[PDB]
*Asks:* 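Let me begin by handing over the structure; questions about it come next.
Chain naming here is simple, since letters A, B, ... match the order of the sequence lines and numbering starts at 1 in each. Every number for a ligand or one of its atoms is a count from 1 in the order of the listing. Both backbone and side-chain heavy atoms feed into the values below; hydrogens, waters and symmetry mates do not.
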Amino acid sequence: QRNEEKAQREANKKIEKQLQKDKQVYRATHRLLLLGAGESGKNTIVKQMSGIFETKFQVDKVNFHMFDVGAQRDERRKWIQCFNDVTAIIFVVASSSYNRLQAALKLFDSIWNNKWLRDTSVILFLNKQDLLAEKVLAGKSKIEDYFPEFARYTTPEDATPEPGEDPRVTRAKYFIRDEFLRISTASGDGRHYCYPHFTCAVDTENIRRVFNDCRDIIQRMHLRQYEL
Amino acid sequence: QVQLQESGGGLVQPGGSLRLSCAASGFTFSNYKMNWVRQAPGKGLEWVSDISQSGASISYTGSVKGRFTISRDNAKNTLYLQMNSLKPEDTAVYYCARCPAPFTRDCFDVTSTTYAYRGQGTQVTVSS
Amino acid sequence: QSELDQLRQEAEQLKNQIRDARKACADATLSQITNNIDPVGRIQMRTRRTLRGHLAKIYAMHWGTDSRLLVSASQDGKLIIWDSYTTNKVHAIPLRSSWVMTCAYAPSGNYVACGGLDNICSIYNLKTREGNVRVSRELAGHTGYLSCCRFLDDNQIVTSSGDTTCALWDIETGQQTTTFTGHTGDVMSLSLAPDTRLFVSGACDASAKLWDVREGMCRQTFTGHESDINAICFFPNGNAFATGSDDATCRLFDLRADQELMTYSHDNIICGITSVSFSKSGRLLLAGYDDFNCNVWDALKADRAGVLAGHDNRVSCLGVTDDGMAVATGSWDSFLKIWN
Amino acid sequence: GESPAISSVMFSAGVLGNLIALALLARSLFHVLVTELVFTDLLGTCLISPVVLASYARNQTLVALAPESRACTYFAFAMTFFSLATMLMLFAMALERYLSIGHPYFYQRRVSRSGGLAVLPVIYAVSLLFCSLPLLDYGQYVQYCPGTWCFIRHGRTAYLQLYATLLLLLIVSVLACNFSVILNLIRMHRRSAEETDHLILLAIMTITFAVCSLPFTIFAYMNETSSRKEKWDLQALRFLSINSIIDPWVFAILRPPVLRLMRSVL
Amino acid sequence: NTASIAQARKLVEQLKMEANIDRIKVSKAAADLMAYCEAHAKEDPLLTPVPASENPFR
Ligand SMILES: CC(C)(C)c1ccc(CN(Cc2cccc(OCC(=O)O)c2)S(=O)(=O)c2cccnc2)cc1
């Protein structure tokens, strides 16, 4: 008849007026995927800010959600496709580990070249630099025997480091950063960028770095509407 | 079924040479990028090397570059790894892995604890 | 070890024996005795409806047994119950976790299940006594993500998980009644038989298994594919089933001959299958792909006889109604379409 | 005898550019804005230009107003209304681009595509208000020395200065928005391609807008004697017109991909 | 070592238990599938176009 149909239309209109309020909140939020190498220092970064843990924070009246997979297996070729609409993948790399550095490199290469993660940008945090400085000044722990091109590598001219550090620490850090940036500049399809950084447990500037990098990501996303 | 049978292992003096082979069955060998991984005693799985579909793109880890050489015969569906001037820290169980999807440039979980498209591996022992 | 060595040798011997029995039971190809029938010609469907209202990509979708009400689950955190005839939204459940990957409808129409990356299958009651739609239960106990939930009745539910195990739960009590182990990879999809005594499951180890619900053991194993299996569906009579994998190939396996009957593939297809389904008669096999299209296959002649090309992103879910009148399709572009 | 050559080629180029630009989009908020812009320009062209074309064969520079007795009133009304409409549409597009590149987060939530269709309705409303203000005899329309067009009369009224200052404010705002977007593009090119080609397109757009719209405003603050006698008030409007002609070209045809691939091949 | 013995036990017993299955020939099962597809070809609205009057999605 008509009574049930008008009741259904009332219910649909109420549902839609609620879905509008929900859509206005879904657009003001930016979801981030915290995907560390595991026992690599992501715990400190989430301390600074079931099956999946979530951390909400706010910077300059902008809301961010950061997700970290908890009770999952070490295979991630199926549940990572869920995170292709996430605005940024925060990739933590324990730079003091060197073979976990090659494992992190292979993980980054698989994420960068994936078919569904091909439009998602990566904010790369090269953490744990204090132990790296300790090991490179001590000379007991080598990067040469695990990366044979450490020698022959001349520190680039740009990106002057902080003066409180031994130039060998700078050489090692920029070697690792270039190791990641070679993969990142592997050419091809993707429409995505890598924003590498140098962090530690002492820093408190990480949320603002993520804020500015997501700002640049959103700017480059808007800039694509002015093309074809 | 997807079967990967490795052979060629054994015990060799330091500085010797070997050639491990991997025979594949149950899938189009030419559509998949192949990997050689290894597990050392008391340690986890480690990625050693890999080769692409045609064979033009080849990669090794840091500690084997210049010594090992990987190759694949698509006509006989075989994956070869020639190891030269082995060192005592090369003793490990070597596995021939295939990464899960064809025509892709990413191989996600070849180094996972439980991965279906691996082999049983051959023991390569270096001693005198 | 030598014990391990002889165990592996015995396993290989039994494997060879099973392969010999299979090859003994294979006399004529399905494509050899079917070449006498006439082809289905050309099947060309039209987009009758288009349901809008989801914000993010849609992972799951399930028709109701009344062939009218539909459920869809999207990654914005929404479980929307639609009226498919008049396009009106009947319900909109907000979820506790935004990463829902599966959804199911009760055959009675009274409950709706949904699960995801939170390792829980939540049961919502749609017929609350003069109230709203509220969660009835939260079945927890899996160790990996939850890939599929399916109702047996208002009190039993079978689930697939990312920890390589399937489970059978009693909704009233809330504890796992049965646990089906044996897979070596993440279980991606499960399918109930017309009668609810058996069900098949596909995993990331390129194999499918047949489980008996009451006993809880694995009857048969099928290993025709060469990559991850994403979709599975029973034949309308329950004596065969179809799977789709990442090697860009669908396959129709038999339950009585215990081996694969037909292979649906084409060289121009280099994308994986995300969902498969059968029509009411079982003559059509619909398959959604990663190249944004859906293909209709002649399940007996193995030749493609139609295309459903209306989606802009990856076709994630695909379901034929229980009376065979319409086909719902949900994609990652946040739109469900009805075809007929 | 005064040849129609200047009007013929200009009208032809305008209509053909509008049609070529409309074809390639007839199949985001920027899409809605560009389609409304080209629609407005083409509609204004079809509703205005045939009228000035008409008084060329129906008179040998003798009957300026041959068709009717109040036709130039219609011409002046259409002219003012369509100029306000095109200028306001360009202002809306520049403001959209400015918020998109300058304040991304704020633009991320508040501005949605659905509210994009409403820009045309409110622009037409305010344009009808500010262009029908004189039609109630608050101003005056008069035919100009070439005889082929009618427009606001100099002196005895304060309407021409108001029109000129409104268009000047819109022009200054458009230029400020374009320069801010250029600054932001340079900054995001220095923090890091496509930024350079976006810069090329936006720079040529800013130059062709600032050169083809200021002549009218400067020639609208001068004496009626030196204006009509020196015959500059005609080019003052012809430049605004060729601005309306150029806009769809650089908004739809010379998209940054096209310019990028051209500079790559060359 | 001993952790693999248990799973090898599991696999070998599963193979022993699923090796004893009566497998009919492909001919009879394929003929059954053909008979089912032919007996229900009359009730498949997707296989044949239904009149636009009784189609609920007209
Ligand atoms: C609304 C807007 C798009 C800005 C506009 C404004 C005015 C005209 C008329 N035009 C100018 C004109 C002014 C005064 C006199 C005159 O007459 C010329 C003569 O004979 O001297 C011609 S237009 O040239 O027709 C032409 C150019 C570009 C696009 N569409 C039409 C058209 C379009």
*Asks:* Which bound partner of ligand 1 is the main one by contact count, according to the PDB entry?
*Replies:*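 It sits in most contact with Prostaglandin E2 receptor EP2 subtype.
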*Asks:* Identify the compound at ligand 1, choosing among evatanepag, perifosine, tobramycin.
*Replies:*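 Of those, it's evatanepag.
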*Asks:* Using a heavy-atom cut-off of 4.0 Å, enumerate the other chains touching evatanepag (ligand 1).
*Replies:*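 Within the heavy-atom cut-off of 4.0 Å: D.
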*Asks:* Could you tell me which of the UniProt transmembrane segments of chain D (from the N terminus) have a heavy atom under 4.0 Å from evatanepag (ligand 1)?
*Replies:*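 On UniProt's list for chain D, heavy atoms under 4.0 Å occur in 1, 2, 3, 7.
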*Asks:* Define the binding site of evatanepag (ligand 1) with a non-hydrogen cut-off of 4.0 Å.
*Replies:*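 At that heavy-atom cut-off, the residues are D:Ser7, D:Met10, D:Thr45, D:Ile48, D:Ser49, D:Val52, D:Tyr56, D:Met79, D:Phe82, D:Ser83, D:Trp149, D:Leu234, D:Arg238, D:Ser241, D:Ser244, D:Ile245.
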